[PDB]
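Figure: nevirapine in its bound pose on Reverse transcriptase/ribonuclease H.
Sequence lines map to chains A, B, C, ... one by one, in the order shown. Chain A is numbered as in the PDB entry; shown residues: 7-88, 95-212, 223-356, 362-428, in order. Throughout, chain B uses the PDB entry numbering, with the displayed residues spanning 4-443, 455-537 in order. Just so it is clear, the values below take in all heavy atoms, side chains as well, and ignore hydrogens, waters and symmetry mates. Header says: X-ray crystallography, 2.5 Å. Every number for a ligand or one of its atoms is a count from 1 in the order of the listing.
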Amino acid sequence: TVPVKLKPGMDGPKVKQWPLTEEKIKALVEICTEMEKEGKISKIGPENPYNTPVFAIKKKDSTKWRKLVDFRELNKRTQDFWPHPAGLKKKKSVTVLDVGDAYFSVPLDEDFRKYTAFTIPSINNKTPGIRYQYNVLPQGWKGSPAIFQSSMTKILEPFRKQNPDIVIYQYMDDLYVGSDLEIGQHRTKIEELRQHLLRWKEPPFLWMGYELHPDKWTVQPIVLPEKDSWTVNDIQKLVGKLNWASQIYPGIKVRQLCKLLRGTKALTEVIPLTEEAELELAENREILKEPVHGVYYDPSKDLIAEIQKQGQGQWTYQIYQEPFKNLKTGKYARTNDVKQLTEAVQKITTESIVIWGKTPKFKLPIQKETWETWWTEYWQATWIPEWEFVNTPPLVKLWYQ
Amino acid sequence: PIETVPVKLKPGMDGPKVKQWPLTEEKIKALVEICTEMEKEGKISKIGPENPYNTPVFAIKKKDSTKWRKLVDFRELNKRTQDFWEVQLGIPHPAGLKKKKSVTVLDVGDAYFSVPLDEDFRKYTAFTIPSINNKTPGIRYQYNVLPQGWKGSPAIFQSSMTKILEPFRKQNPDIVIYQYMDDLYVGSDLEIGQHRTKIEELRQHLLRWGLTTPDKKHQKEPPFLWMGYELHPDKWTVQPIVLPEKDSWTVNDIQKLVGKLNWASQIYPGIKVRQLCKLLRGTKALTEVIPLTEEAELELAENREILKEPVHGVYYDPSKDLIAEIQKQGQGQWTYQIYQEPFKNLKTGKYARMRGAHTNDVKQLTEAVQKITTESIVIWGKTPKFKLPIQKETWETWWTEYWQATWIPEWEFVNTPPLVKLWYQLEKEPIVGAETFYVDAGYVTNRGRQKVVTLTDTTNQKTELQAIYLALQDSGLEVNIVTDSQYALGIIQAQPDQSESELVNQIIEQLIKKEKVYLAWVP
Ligand SMILES: Cc1ccnc2c1NC(=O)c1cccnc1N2C1CC1
Ligand SMILES: [Mg+2]
């Protein structure tokens, strides 16, 4: 075992466990009971005041339940350990494998074990609740991938030289297999990995066992309404929106459009567009065709992901580090509100992982209680991004589409 | 004998070194008697003069005879002892229990007295008994078991108890046991005789670990009074609430009553405190007497009546579904009932919480639903099927127009007034032939009209809603309104039906009136 430690001065996590349903509890009991039999975890006593929250999530294309431990706090408190394939994103197709189980074959520094304490609650506080701590490397812990990196290199050694055409990236419990090969010839080189990985309980496919096609991941420019006739209202919305995007693309001008709108006219009054104006619009259109220049990814800054609901099962997001300085922008479409929002968050996380190798910080448009209550019902990732809850304004949403 | 739990002092800290304060020869004696006895029973042990640690002890006279009781002050040791896994913070709600034929409560005596203390920790529990002799040194001991008053005792005791009940629980899957501090509630569906017998088996099992409990003749009988409830094996309620009868109420009385009335609403449907609560407005002191208004009196009398005939709560039957039903009982006031058998309540309650300064019934109702959902998961571990006075279409409509995401589990409409609906809706597109007002403290219309007013004692964002307000007034049935205020926009765009400020409410009134209103924004 490796002597792991928490960042200096820091003590262990003592996170409150969010109430669970009798269904997710029964699941966690059956699961943890078995992990105990195989010595992966052990019951603990009152002398351990630490706690990390746990959940049970469903596995896609499987009838079994997965134990999801929210090691987010512990991971911020775990010491730093001392490379990302700029090419993984370039690849045409990538499959995601859940290799979390690889860890269960490695002991955890005895003196760190206490920090991995978790509780399986009881309905209505009938009983005190079952407490455990880890003996092996826990799936989801920042330290596991690191403390297993070596044994992992030693294992991805042959396939790496055998197929130096397919780039393999590991992130926490996930393994990202990228290639350009044909879907069949690809899915086949994947199964050849699943057999070479089993060679050392098979690593299932996350995300439907499907690919991602990182190439298609597009940036969604700002769009302007293309109309026949333009009413005073249409123009007013045009200027407001332009004014806003002017903050980003300084070449945007509206001076000529603000002219069509002098005086106090009727919102519905149709206004022909003067020559000068029509040209200024066409120009603003040209300017918005591509993302603003000079926006780079700072590896030393946090990635922020903001989502807005468009309605009709349509959402929009933006990943940046500095306001307006978007690194990416996308959209997502159909379920119910929450299910969609969760499917979105995971999608944006997978991409953010693939493109930069780090999960972003989400700003979710939902009440914490509502989120806390339903997210585990549709969540399928093995990781959990950090998140906060907000109240998006009418205008920002109104300036995307 | 039960396992020993490893205890340690917090990081860097060292054990307690508090000098024993002066004790009367009358106390010195009684302590040496109490201690010498505790030394025989193995609970403590004389120690060598090597132990630099000390915790003061003194004597209390338990209002009985002259006999004294020993009290050890562990504040310092507690300050220096590690944190333990917090004792049972949450408690069961009676409505979540399954009825039993018999329920027995047992008190556990000398609880801590019968539980080992980690060897490496005992040296910190060191205390001293001043010898009466002047030139003579007092006797110093240390604990061998969990000391009353120590930080980890409650937690280590529970942990042990749980391990002590393990076997008995497996051999008796049919018996339910709840541990609460020093009490044990034991229930079963066994026939009267069998039940009492099992209780005797448990008692013996506990006694095997030196744990003493009370026999049948001395056990408390249902209903049991626990955490403000009155519990039976088949039904539950809140303990008897008595409304004072008088004509001189102080802020204190009103607050105590509203508090009491609140507790009751979890089972007594129809309790109202709105009017009583208003009495507290602007009050200057806890002892200030406030006269009851004609409506407060009315309210008190009605509660008094609801409270005259006791209502009971039925227990959980896990074989049946949980039905939750909500009703709007006044503006910003909701009430709900959770049952399984049609009209046989497990529990009831009300929701008056308002999230944000402005809001509409659709939001509130949805929040009530969330609050009830959360609550049900805690008590029953599943969500109830809801009965709501809102039509699918109405909900579904506000659903899509709101920027924030949300979800409402299984729910069926219930035609029971008042139904919740939206009082108005903003057009999605400007209206033709509908005049256009450009507001900014005044406005300018496309049809030449205008009006400017001055406002004293007004906030920047308050003058914004004023303008919008003015326009709604001077305008006709259909009206397009243009503004630069994002604030007002947001507020109005959220289509609130209720607010804190009158202004907004007056606006809402105008809005409910119109046939068509469109609001736009311009920088
Ligand atoms: C206070 C309390 C907390 C949790 N459960 C119970 C109780 N007390 C009861 O009297 C009770 C009543 C009905 C059903 N279970 C009950 N019991 C269970 C033990 C038989
Ligand atoms: Mg204006």
Counting duplicates, which parts of the structure are nevirapine? ligand 1
What other chains contribute a heavy atom less than 4.0 Å from an atom of nevirapine (ligand 1)? B
Examine the proximity of nevirapine (ligand 1) to B:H235 and report which part, side chain or backbone, both or neither, has a heavy atom under 4.0 Å away. backbone
Please work out whether any backbone atom (N, CA, C, O) or any side-chain heavy atom from C-beta onward of B:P225 is under 4.0 Å from nevirapine (ligand 1), and answer side chain, backbone, both or neither. neither
Atom 2 (C) of nevirapine (ligand 1): the protein heavy-atom neighbour that sits closest, reported with distance to 0.1 Å: B:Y181 CD2, 3.8 Å
Residue, atom name and distance, where the atom is the protein heavy atom closest to atom 10 (O) of nevirapine (ligand 1): B:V106 CG1, 3.3 Å
Look at atom 18 (C) of nevirapine (ligand 1) and say which protein heavy atom is nearest, naming residue and atom and giving the distance to 0.1 Å. B:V179 CG1, 4.0 Å
For nevirapine (ligand 1), the portion of B:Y318 having any non-hydrogen atom under 4.0 Å away: side chain
Protein contact of atom 14 (C) of nevirapine (ligand 1) - nearest heavy atom, named by residue and atom, plus distance: B:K101 O, 3.3 Å
Give the residue, atom name and distance (to 0.1 Å) of the protein heavy atom nearest atom 8 (N) of nevirapine (ligand 1). B:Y188 CD2, 3.5 Å
Please could you name the atoms of nevirapine (ligand 1) that B:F227 approaches to less than 4.0 Å, counting only its heavy atoms? 10 (O)
Looking only at protein heavy atoms, identify the closest one to atom 1 (C) of nevirapine (ligand 1) and say how far it is in Å. B:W229 CD2, 3.7 Å
Option whose closest heavy atom lies nearest to atom 15 (N) of nevirapine (ligand 1), chosen from B:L228, B:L100, A:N137: B:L100
Just going by heavy-atom distances, which of B:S191, B:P226, B:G190 is nearest to atom 20 (C) of nevirapine (ligand 1)? B:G190
Please list the residues near nevirapine (ligand 1), using 4.0 Å as the heavy-atom limit. B:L100, B:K101, B:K103, B:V106, B:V179, B:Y181, B:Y188, B:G190, B:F227, B:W229, B:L234, B:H235, B:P236, B:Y318
